[PDB]
> 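Provided herewith is a single structure, encoded as structure tokens, for subsequent inquiry.
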Amino acid sequence: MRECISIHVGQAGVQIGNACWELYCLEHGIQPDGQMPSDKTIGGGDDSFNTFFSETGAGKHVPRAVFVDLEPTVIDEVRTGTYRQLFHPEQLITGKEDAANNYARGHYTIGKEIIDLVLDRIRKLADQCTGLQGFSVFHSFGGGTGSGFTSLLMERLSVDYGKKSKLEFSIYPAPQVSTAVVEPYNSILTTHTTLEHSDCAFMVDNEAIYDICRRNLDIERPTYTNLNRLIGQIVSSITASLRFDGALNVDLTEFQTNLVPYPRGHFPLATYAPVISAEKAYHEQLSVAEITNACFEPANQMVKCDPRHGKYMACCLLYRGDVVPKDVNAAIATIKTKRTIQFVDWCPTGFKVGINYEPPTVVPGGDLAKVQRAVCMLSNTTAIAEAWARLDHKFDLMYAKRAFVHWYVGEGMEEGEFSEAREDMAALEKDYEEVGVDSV
Amino acid sequence: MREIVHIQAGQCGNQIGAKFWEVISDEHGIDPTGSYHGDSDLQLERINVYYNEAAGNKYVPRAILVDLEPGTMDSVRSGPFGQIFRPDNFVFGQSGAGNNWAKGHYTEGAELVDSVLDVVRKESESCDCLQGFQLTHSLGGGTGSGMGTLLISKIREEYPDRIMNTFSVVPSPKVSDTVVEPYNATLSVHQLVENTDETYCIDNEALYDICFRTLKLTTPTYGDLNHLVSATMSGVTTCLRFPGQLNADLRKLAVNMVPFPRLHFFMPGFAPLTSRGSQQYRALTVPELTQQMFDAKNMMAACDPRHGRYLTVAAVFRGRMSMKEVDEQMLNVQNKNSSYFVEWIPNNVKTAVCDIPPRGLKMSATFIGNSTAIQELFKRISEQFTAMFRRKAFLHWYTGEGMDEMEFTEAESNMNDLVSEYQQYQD
Ligand SMILES: CC(=O)O[C@@]12CO[C@@H]1C[C@H](O)[C@@]1(C)C(=O)[C@H](O)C3=C(C)[C@@H](OC(=O)[C@H](O)[C@@H](NC(=O)OC(C)(C)C)c4ccccc4)C[C@@](O)([C@@H](OC(=O)c4ccccc4)[C@H]21)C3(C)C
Ligand SMILES: Nc1nc2c(ncn2[C@@H]2O[C@H](COP(=O)(O)OP(=O)(O)OP(=O)(O)O)[C@@H](O)[C@H]2O)c(=O)[nH]1
Ligand SMILES: Nc1nc2c(ncn2[C@@H]2O[C@H](COP(=O)(O)OP(=O)(O)O)[C@@H](O)[C@H]2O)c(=O)[nH]1
């Protein structure tokens, strides 16, 4: 009452919202669904007086809301030919500072200059209403506005709002990707969240999504415009669900503790087990509790985080729509019945389970099912422990090894931003590993 | 708002101007935006107010034009595709055009090289934030070769922040000049080390392979070669500029292809080369499009990249295809090309996609990159230089223009180590 505050960060982020904000399209909003009759663009809901941003209406009628664009590009979309969605004016930032890929750029450089005005927006935004219990950040692991800008925008937000754990989303590099910059680079963006602040984070592994689309759904041809829905939907579960009236409800402060097992920002995985085809025939309906397993399947797995490795840690599962109590208590048991899940040495009935209603929202053919039973696995497993290694083999050789910084220095600091980000994000690797490598 | 600076020099540059730009009332030209959304118009303008800012988008043609010998005046100004514009056009008043780097660069150009400051100023101002400096230019140009390096040098000097984009034309085993060995070598020390951020290649000896292999053309042409390049520029300049789901602004262009400071040079391709008739093969494919983006045969440059490893590969596809599809395909390139990938470097390939396929291809592919191969494009002009100009010397011609042992010796040694330093990667 327990609002979220929704921040975008970059290309990855302005769109991703389009996935978030479209997925909302059911009369909900960040933390205020306290209800609405409007529909559609919301046009038809009325105009009660007003002007830019709406006093007439609550976040409900119009959103939780804050897009940061360091290029008009994606933002022109969301602004684009009143792109079918006018979700408000003046919750967008569009900085024509000319975009910058660099953790250094935008974060140290153009961003500094317009992280403030934004801070101001956030602040005002952080004020109209009550209980904000959440900050959402869409982040990449590559996009200048997403690294330093986010290490900027997460850092200031952590510093300014220590009590409100931030949630941020991620879209991390894997085996394939964009740039050369992103092997390190996101490294840099990884330092910052970290101890700047942050809470639990989530990712969509772009190399996991297009994988799950090829192993679990159908359409190998697919556009990112579609991968956003896989990741878009992750959120709906996280916020729309826990943020809407139901049984066993985890708020954004449930998310922090259930994922967080120790304090070097932790990371999580998202599994959406309902993912049925337009071309499926789920055994008329897909078994509710199998849905749980769907989770563990390495296959729903958003990232290339081979669970193979190690013992999960924190496991937070959010079930929504027509789920049964005896489905959870009794299906969740089962997992902790295989060998494999190998929960950690200090996991104590690790599994956190929430139920939410209504149903699994959906729209359009690109959306798969109308599945009426959902699993969202948010976990902290040792794996993560290896994808950062991956980025760290890249980094020991891409940036530091022989250095790819001459662009980056150009925008700001040398010899840490880099050295510090490797050593601090490094031990992450060692410390992480030691979190789950012996009984001690 | 990432607006844009148009500088066109010499022959290859002014004429090349003719063919880049006309592919634009295709409408996006350089940073307005709009227009191009529901057809219409054409020519050398529209409906508003002039000057300048209607740039390369609605009512105006924005460019900075630099001709040094009234060849670009008459060749396009008049009867041809433009107006241009007035006031935006340089005609050197007979300077007499020069063959020789030192010559419009040190000589007539200085005088004009100053008059090119006024063009740059007015454009710069435009009320938009300029992110490109676009320059056509010619190895062996003197006007272009050594005037383009003058133009480039001040522009890096005054506009450090704004990485220069320069189109290049080169030496291939076939020739113009005889002084082009060394002419483009001096055009070099300045093209590395002269604020030119990234550097395009357009070898005319390689352009033919394309306009004649991929293409059938029965008898190419220098105007038809101007279809080729438009390709290589629109991807860079229009693409990513024009709308887009992962969009790369020009500056992504300078961190993606340079992995270090000395002037990283690239090679670039356009696939959708197609054959008029052959028109019928692979419905604008991606693999199609990936396929054609690496081959030894489809690169629109004078290096055959296969000898060696690329260091950076920037590819861009703007067909409306899967953002999953382009990225999934580019991997396959990377794994049958190891040795073509630089062991440092991960993510050896960047991919960008924009949202409108070139007017009438339906689906597009642009490519960028630096490999180890270029140790070539130069270990050829240098063998040339040491044995040519610097050799038993050919610069009396230039020796009057004002360069004395310098600009030769420095250009070989600085541009040389280029060869060693470049190689350094992956020996
Ligand atoms: C370029 C290209 O695709 O040239 C070729 C020659 O080999 C290339 C492969 C193409 O498949 C082919 C053969 C086409 O069939 C295609 O249907 C087509 C397109 C896409 C046009 O190109 C465009 O409309 C584009 O929008 C093109 N526009 C373009 O070239 O505009 C010019 C004004 C430069 C002509 C462009 C490309 C990339 C970015 C931006 C624009 C140019 C074409 O005339 C044609 O070129 C030829 O027949 C031909 C013959 C000799 C010289 C040049 C072209 C074109 C037509 C209309 C036929
Ligand atoms: N899954 C997914 N990935 C996306 C999407 N948009 C961007 N990305 C990923 O984000 C990464 C960076 O995207 P860019 O658009 O280059 O980021 P940016 O915001 O342009 O980067 P900067 O110019 O530095 O600010 C790439 O690896 C993309 O794959 C999207 O909607 N979905
Ligand atoms: N692609 C292309 N190359 C050209 C054109 N005109 C000349 N060239 C080539 O570029 C070289 C230099 O010519 P030009 O640009 O006139 O030289 P400059 O002006 O004296 O530097 C020649 O040897 C040609 O091979 C043109 O219109 N297009």
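Each sequence line gets a chain letter, starting at A and going down the list. In order, the residues displayed for chain A correspond to 1-440 in the PDB entry numbering, which applies throughout. Throughout, chain B uses the PDB entry numbering, with the displayed residues spanning 1-44, 47-360, 369-437 in order. Counting starts at 1 for both ligands and their atoms, following the listed order. Recorded method for this deposit: electron crystallography, 3.7 Å.
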> Give, per UniProt, the macromolecule that holds ligand 1 with the most contacts.
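The chain with more contacts than any other is Tubulin beta chain.
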> What does the PDB call the drug placed at ligand 1?
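Recorded as Taxotere.
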> Which other chain letters have a heavy atom less than 4.0 Å from Taxotere?
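Heavy atoms from other chains: B.
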> What does the PDB entry report as the organism for chain B?
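Going by the PDB entry, Sus scrofa.
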